[PDB]
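Everything below concerns the one structure shown next.
The PDB entry numbering applies to chain A: residues 1-186, in that order. First listed ligand is number 1; within each ligand, the first listed atom is number 1. Side-chain atoms are counted along with the backbone in the values below, which use heavy atoms only and exclude waters and symmetry mates.
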Amino acid sequence: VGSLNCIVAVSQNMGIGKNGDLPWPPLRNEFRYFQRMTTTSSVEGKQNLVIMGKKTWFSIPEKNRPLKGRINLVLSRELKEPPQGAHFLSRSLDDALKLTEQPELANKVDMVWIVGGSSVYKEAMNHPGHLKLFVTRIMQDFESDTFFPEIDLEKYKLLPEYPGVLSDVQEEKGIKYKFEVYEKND
Ligand SMILES: NC(=O)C1=CN([C@@H]2O[C@H](COP(=O)(O)OP(=O)(O)OC[C@H]3O[C@@H](n4cnc5c(N)ncnc54)[C@H](OP(=O)(O)O)[C@@H]3O)[C@@H](O)[C@H]2O)C=CC1
Ligand SMILES: COc1cc(Cc2cnc(N)nc2N)cc(OC)c1OC
């Protein structure tokens, strides 16, 4: 796999979670952006793969699990089989990417999306090679108990624009936010 993508939404105080859910109220178009980015593939015969930690998996509503139209892979050191409804289980990120090269997934995976949590993001951001970070900046402070690791600007560049990503400040339910894309190359 020659490229990874991470996708996250983060408050001004770098918060990404509180009590097993988002720190802010549900933002419907922001969620629709997450669903569009992670689901869309124009390559016939292939699907995107989403990779997440176990707490993030259990943070998804049961009726929405697995994420539809995507291959769902959970990372866990303790499980022996995927949680109920998930497609694959791997002991680490390196192992997950290697799994995509094996027969079952060989002709099947287009893009790879890391969708949390903290430790998964941290590991992905230091992975060698090309990597993009799709970061939604929620432009307020929210009480949080889980945080996004610092973006190393020695490695990552904020892109001035990106095709298919809106550049202006957005607003839903009185909360302002903006979509950012960062890239590193190694
Ligand atoms: N705002 C946002 O964009 C998002 C927010 N969230 C929020 O974040 C919180 C969940 O995230 P968080 O608490 O950080 O937990 P994680 O989703 O990272 O889950 C932690 C568990 O996942 C497994 N795991 C994590 N990394 C690895 C690894 N490298 N290799 C093997 N297993 C691994 C371990 O399971 P085990 O112990 O079984 O080995 C670990 O105990 C929730 O509040 C959720 O709502 C989540 C995603 C995005
Ligand atoms: C892991 O799956 C989900 C993750 C999120 C958090 C999230 C929300 N927005 C963006 N841009 N990235 C994210 N990772 C939000 C969700 O819905 C509100 C999810 O589905 C239940």
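In this structure, the drug at ligand 2, out of cyproheptadine, tramadol, trimethoprim, azapropazone, is trimethoprim. Tallying contacts with trimethoprim (ligand 2), the largest count belongs to the chain named in the PDB entry as dihydrofolate reductase. Of the residues of chain A touching trimethoprim (ligand 2), most belong to the UniProt domain dhfr. Every atom of trimethoprim (ligand 2) is numbered from 1 in the order shown, and the set under 4.0 Å from a heavy atom of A9 is 9 (N), 10 (C), 12 (N).
For trimethoprim (ligand 2), the atoms lying closer than 4.0 Å to a non-hydrogen atom of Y121 are 14 (N). Under a 4.0 Å criterion applied to the non-hydrogen atoms of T136, trimethoprim (ligand 2) contributes the atoms 11 (N).
Per the entry, the organism of origin for chain A is Homo sapiens. Trimethoprim (ligand 2) has a nitrogen or oxygen under 3.5 angstrom from a nitrogen or oxygen of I7.
Ligand-side atoms of trimethoprim (ligand 2) in range of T56: 1 (C), range being under 4.0 angstrom from any heavy atom.
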